[PDB]
**Q** 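Sharing a structure: estrone in complex with Steroid Delta-isomerase.
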Amino acid sequence: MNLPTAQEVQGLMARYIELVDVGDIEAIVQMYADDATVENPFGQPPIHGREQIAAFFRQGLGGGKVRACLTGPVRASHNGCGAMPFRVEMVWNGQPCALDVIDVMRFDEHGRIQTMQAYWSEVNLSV
Amino acid sequence: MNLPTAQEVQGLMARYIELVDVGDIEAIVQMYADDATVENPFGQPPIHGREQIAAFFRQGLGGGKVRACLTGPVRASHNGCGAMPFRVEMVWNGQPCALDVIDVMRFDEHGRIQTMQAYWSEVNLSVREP
Ligand SMILES: C[C@]12CC[C@@H]3c4ccc(O)cc4CC[C@H]3[C@@H]1CCC2=O
Ligand SMILES: C[C@]12CC[C@@H]3c4ccc(O)cc4CC[C@H]3[C@@H]1CCC2=O
Ligand SMILES: [Cl-]
Ligand SMILES: [Cl-]
Ligand SMILES: [Mg+2]
Ligand SMILES: [Mg+2]
Ligand SMILES: [Mg+2]
Ligand SMILES: [Mg+2]
Ligand SMILES: [Mg+2]
Ligand SMILES: [Mg+2]
């Protein structure tokens, strides 16, 4: 069996959303493997490795005006993978909005995200 | 239809839990590709094809009482895919249970589910009342 137990996958993925809810970049980017991949959104060309993932997050979060929170428990397999539902709250045209997302993560043998997919699209907006 | 737009996804996946909830096995199994592949749970080998899928739904839904609902919105993409959060209420050896689940699905070029991964485990079970 290190590779997170279904249990631990729960605590980790939950820590990711808090980092994200605070905007700590640097901390987000360390939760990933050095060579990870992000598909955000799913359906698009991946990215790859921490340098590009720090940049993605710098462009997405860095300008503030983002909160996120789980909207139900993390789900977690026996192999290293979990899925979670969350909602991001931001600001469009100077007014609130939102975005409902599901991330799906696969942790390595060191408990670092290796992959991930972020399910969403424009239907998942609102006000 | 053909490959389903993000909007069409949302409707197929929400129907699918309506069918699960009502327990119309036969109409569910038909929401799949005739050779679809179910990983339920994700981590355990798959199954495959409409006869083993059926068999799985009969085993899981055939006694009535299982209630399923969506606990938030279907998330949907642009490449024929979606993911959704829900909860399954079921009584297990005298007990009242619930299992929080997320299903990830891909559809086909024909509005049929080609693959389903279900994410879950005992950390998602609660012995509680619906
Ligand atoms: C960048 C983003 C906020 C941060 C979201 C985010 C953050 C972390 C994550 O694992 C997934 C996602 C999915 C959508 C992202 C939003 C798209 C538009 C926006 O303002
Ligand atoms: C089979 C099952 C009921 C039906 C659930 C179900 C139904 C549809 C679906 O797309 C995913 C799942 C995941 C869990 C399934 C339960 C595990 C124990 C049980 O009795
Ligand atoms: Cl939930
Ligand atoms: Cl949700
Ligand atoms: Mg916070
Ligand atoms: Mg490595
Ligand atoms: Mg908050
Ligand atoms: Mg119903
Ligand atoms: Mg086919
Ligand atoms: Mg109901």
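Chains are named by letter, beginning with A, in the same order as the sequence lines. Following the PDB entry, chain A shows residues 1-127, kept in their order. Residue numbering for chain B follows the PDB entry, covering 1-130 in order. Scope of the values below: all heavy atoms of this structure, side chains included, with no hydrogens, waters or symmetry mates. In each ligand, atom 1 is the first atom listed, and ligand 1 is the first ligand listed.
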**Q** Indicate which ligands or chains correspond to estrone.
**A** ligands 1 and 2
**Q** I'm mapping contacts for estrone (ligand 2). Which other chains have a heavy atom under 4.0 Å?
**A** B
**Q** Identify, for atom 5 (C) of estrone (ligand 2), the protein heavy atom at the shortest distance, and state residue, atom and that distance.
**A** B:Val88 CG2, 4.0 Å
**Q** Considering only protein heavy atoms, which is closest to atom 2 (C) of estrone (ligand 2), and at what distance to one decimal place?
**A** B:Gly60 CA, 4.6 Å
**Q** Write out the residue and atom name of the closest protein heavy atom to atom 8 (C) of estrone (ligand 2), then the distance separating them to 0.1 Å.
**A** B:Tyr16 OH, 3.7 Å
**Q** Looking only at distances, please establish whether an N/O atom of estrone (ligand 2) is found under 3.5 Å from an N/O atom of B:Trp120.
**A** no
**Q** Give me the residue, atom name and distance of the protein heavy atom closest to atom 10 (O) of estrone (ligand 2).
**A** B:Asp103 OD2, 2.4 Å
**Q** Does the entry name an organism for chain B, and if so, which one?
**A** Pseudomonas putida
**Q** So for B:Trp92, does at least one of its heavy atoms come nearer than 4.0 angstrom to any atom of estrone (ligand 2)?
**A** no
**Q** On a heavy-atom basis, I'd like to know which of B:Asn124, B:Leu99, B:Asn40 is closest to atom 6 (C) of estrone (ligand 2).
**A** B:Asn40
**Q** Heavy atom under 4.0 Å from estrone (ligand 2): found in B:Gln59's side chain, backbone, both, or neither?
**A** neither
**Q** Does estrone (ligand 2) have any atom sitting under 4.0 Å from a heavy atom of B:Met90?
**A** no
**Q** Give the residue list for estrone (ligand 2), heavy-atom cut-off 4.0 Å.
**A** B:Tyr16, B:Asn40, B:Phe57, B:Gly60, B:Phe86, B:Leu99, B:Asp103, B:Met116, B:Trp120
**Q** Check estrone (ligand 2) for N or O atoms under 3.5 Å from a protein N or O and list each pair with its distance.
**A**
unit_1: estrone (ligand 2); atom_1: 10 (O); unit_2: B:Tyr16; atom_2: OH; d: 2.6
unit_1: estrone (ligand 2); atom_1: 10 (O); unit_2: B:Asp103; atom_2: OD2; d: 2.4

